[PDB]
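Input: a single structure, listed below in structure tokens.
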Amino acid sequence: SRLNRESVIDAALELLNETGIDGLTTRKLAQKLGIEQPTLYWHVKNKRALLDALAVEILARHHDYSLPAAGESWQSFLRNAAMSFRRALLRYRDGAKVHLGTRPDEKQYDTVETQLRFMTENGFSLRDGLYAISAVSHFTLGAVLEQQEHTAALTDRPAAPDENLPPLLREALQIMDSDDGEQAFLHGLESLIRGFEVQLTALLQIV
Amino acid sequence: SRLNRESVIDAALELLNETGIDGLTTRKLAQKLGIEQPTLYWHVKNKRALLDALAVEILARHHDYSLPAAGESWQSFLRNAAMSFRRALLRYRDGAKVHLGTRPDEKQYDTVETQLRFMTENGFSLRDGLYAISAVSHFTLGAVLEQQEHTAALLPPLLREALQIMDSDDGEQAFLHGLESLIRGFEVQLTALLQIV
Ligand SMILES: C[C@H]1c2cccc(O)c2C(=O)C2=C(O)[C@]3(O)C(=O)C(C(N)=O)=C(O)[C@@H](N(C)C)[C@@H]3[C@@H](O)[C@@H]21
Ligand SMILES: [Cl-]
Ligand SMILES: [Cl-]
Ligand SMILES: [Cl-]
Ligand SMILES: [Cl-]
Ligand SMILES: [Cl-]
Ligand SMILES: [Cl-]
Ligand SMILES: [Cl-]
Ligand SMILES: [Cl-]
Ligand SMILES: [Cl-]
Ligand SMILES: [Cl-]
Ligand SMILES: [Mg+2]
């Protein structure tokens, strides 16, 4: 079939949902596109190049709240960006692991520049602006990776017998498995934003 | 060599530092222990069983702050536990990746129960206590994973100055700053009770 960049990325993302990141190979991608391996090689050098392109493409296509709206608060921007980032990572099987090996992308640098500009215009030092954006990224990626890797582990092993669990852990596992982590994620996200605001408003005061 | 659980884990952790998690295989572990693969199989069924055990044993060996001190505040306990957890994950190559997706083991049940109970004794519902602990875990894992990926790997104006600041250390500054933000947010939520906040 067609081997323009867009068609190859489309095929590879479909293959990722079929196999997961560990099972995704250039050999399987060639099969899916109906070509020989040295044909594919002209388009796609190796698995690493393929993953770098998927990582960038997943955010380009599906992370559509990367920029603040006109007049938006920095609180609302971090909340909206975090929810978008999390949705984008959950959209594909092992998506967060695909992201975790992104390369530098010039277009992602212009976006982070706009986000750091926005934070500093709203009163953040460059340091505190970067720390806030980083913490939101770290928290969000950590929450998604724990959801996706736990799913991936239920593919291989089981989950331990319920009847030796102490009571609060039993109830905690009931709560953490009652959704895809969304309630926990949204609650932690409010805690993180409010922490940042207490720090911003403190200026040089002991806090 | 010797294939008691402890010797196998010792060998697998040494191998992890050599290869990383993707490169860690039962075949390479058999080589390191000087045995054939079907000997290893008697002791270690597969990579998933090995990774599950390493996640547990890394914390048993190196996570020294899993329980509150006598009289400690929940704020100080979360801070101390998060710093310990991060140090434990940084001790081995791809340590965070080893942890991801695991759930508490039966050997950890008493510890993690005491952590949950401790939060409830300090005014949190089990749910809100779990939400706090989970946020700390997710933030710490994310921060370590980004530091371990930068190791594995190794501009606009504000970003350039930000990269100077980020790479003047390992990640510890950004980590500890975010951790204070998360703790303070949990406190603002706890102290609000049923007030709009
Ligand atoms: C309560 C645990 C839990 C409950 C429900 C689902 C889960 O996935 C977990 C965990 O995975 C926890 C950990 O891994 C700990 O790191 C964990 O296992 C642990 C420990 N063994 O001392 C910690 O220190 C905890 N943390 C870093 C402060 C944390 C546990 O609190 C949770
Ligand atoms: Cl073509
Ligand atoms: Cl194209
Ligand atoms: Cl689609
Ligand atoms: Cl491949
Ligand atoms: Cl707003
Ligand atoms: Cl032996
Ligand atoms: Cl032993
Ligand atoms: Cl293997
Ligand atoms: Cl204290
Ligand atoms: Cl109890
Ligand atoms: Mg865990």
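Chain identifiers are assigned alphabetically (A, B, ...) following the order of the sequence lines, protein sequences preceding nucleic acid strands; residue numbering begins at 1 within each chain. Every number for a ligand or one of its atoms is a count from 1 in the order of the listing. Heavy atoms only: backbone and side chains are in, while hydrogens, waters and symmetry mates are out.
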*Chief chain touching ligand 1, naming from the PDB entry*: Tetracycline repressor protein class D
*Which of doxycycline, risperidone, teneligliptin is the drug or drug candidate present at ligand 1?*
doxycycline
_I'd love to know which other chains sit under 4.0 Å from doxycycline, counting non-hydrogen atoms._
A, B
*Name the UniProt Mg(2+)-binding residues of chain B with any heavy atom within 4.0 Å of doxycycline.*
B/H99
*Which residue and non-hydrogen atom of the protein lie closest to atom 15 (C) of doxycycline, and at what distance in Å?*
B/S137 OG, 4.4 Å
*asked:* Give me the nearest non-hydrogen protein atom to atom 11 (O) of doxycycline as residue plus atom name, then the distance to 0.1 Å.
replied: B/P104 CD, 3.9 Å
*Which protein non-hydrogen atom lies closest to atom 8 (O) of doxycycline, naming both residue and atom, and how far is it?*
B/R103 CD, 3.3 Å
*Identity of the nearest option to atom 21 (N) of doxycycline, non-hydrogen atoms only, from B/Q108, A/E171, B/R86*: B/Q108
*Starting from atom 24 (O) of doxycycline, find the nearest protein heavy-atom neighbour and note its residue, name and distance.*
B/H63 NE2, 2.7 Å
*Which atoms of doxycycline sit under 4.0 Å from any heavy atom of B/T111?*
22 (O)
*asked:* Test of understanding: given a 4.0 Å heavy-atom threshold, classify the contact between B/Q115 and doxycycline as side chain, backbone, both, or neither.
replied: side chain
*Look only at interatomic distance and state if B/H99 has a nitrogen or oxygen under 3.5 Å from any nitrogen or oxygen of doxycycline.*
yes
*asked:* I need the nearest protein heavy-atom contact for atom 17 (C) of doxycycline: residue, atom name and distance, please.
replied: B/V112 CG1, 4.1 Å
*asked:* How far is atom 5 (C) of doxycycline from the closest protein heavy atom, and which atom is that?
replied: A/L173 CD2, 4.0 Å
_Closest approach of any protein heavy atom to atom 32 (C) of doxycycline, naming residue and atom_ = B/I133 CG2, 4.1 Å
_Quick check on B/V136 - does any of its heavy atoms sit under 4.0 Å from an atom of doxycycline?_
no
*asked:* Any idea which other ligands or ions come under 4.0 Å from doxycycline?
replied: ligand 12 (magnesium ion)
*Can you pull out the closest protein heavy atom to atom 28 (C) of doxycycline? Residue, atom name and distance to 0.1 Å, please.*
B/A81 CB, 3.7 Å
*Any idea which of A/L168, A/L169, B/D64 brings a heavy atom closest to atom 4 (C) of doxycycline?*
A/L169
*Looking only at heavy atoms, is any part of B/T140 under 4.0 Å from doxycycline, and if so is it the side chain, the backbone, or both, or is it neither?*
neither
*For B/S66, the doxycycline atoms whose distance to one of its heavy atoms is below 4.0 Å*: 22 (O)
*Show which residues surround doxycycline within 4.0 Å on heavy-atom distance.*
A/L169, A/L173, B/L59, B/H63, B/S66, B/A81, B/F85, B/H99, B/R103, B/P104, B/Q108, B/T111, B/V112, B/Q115, B/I133, B/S137
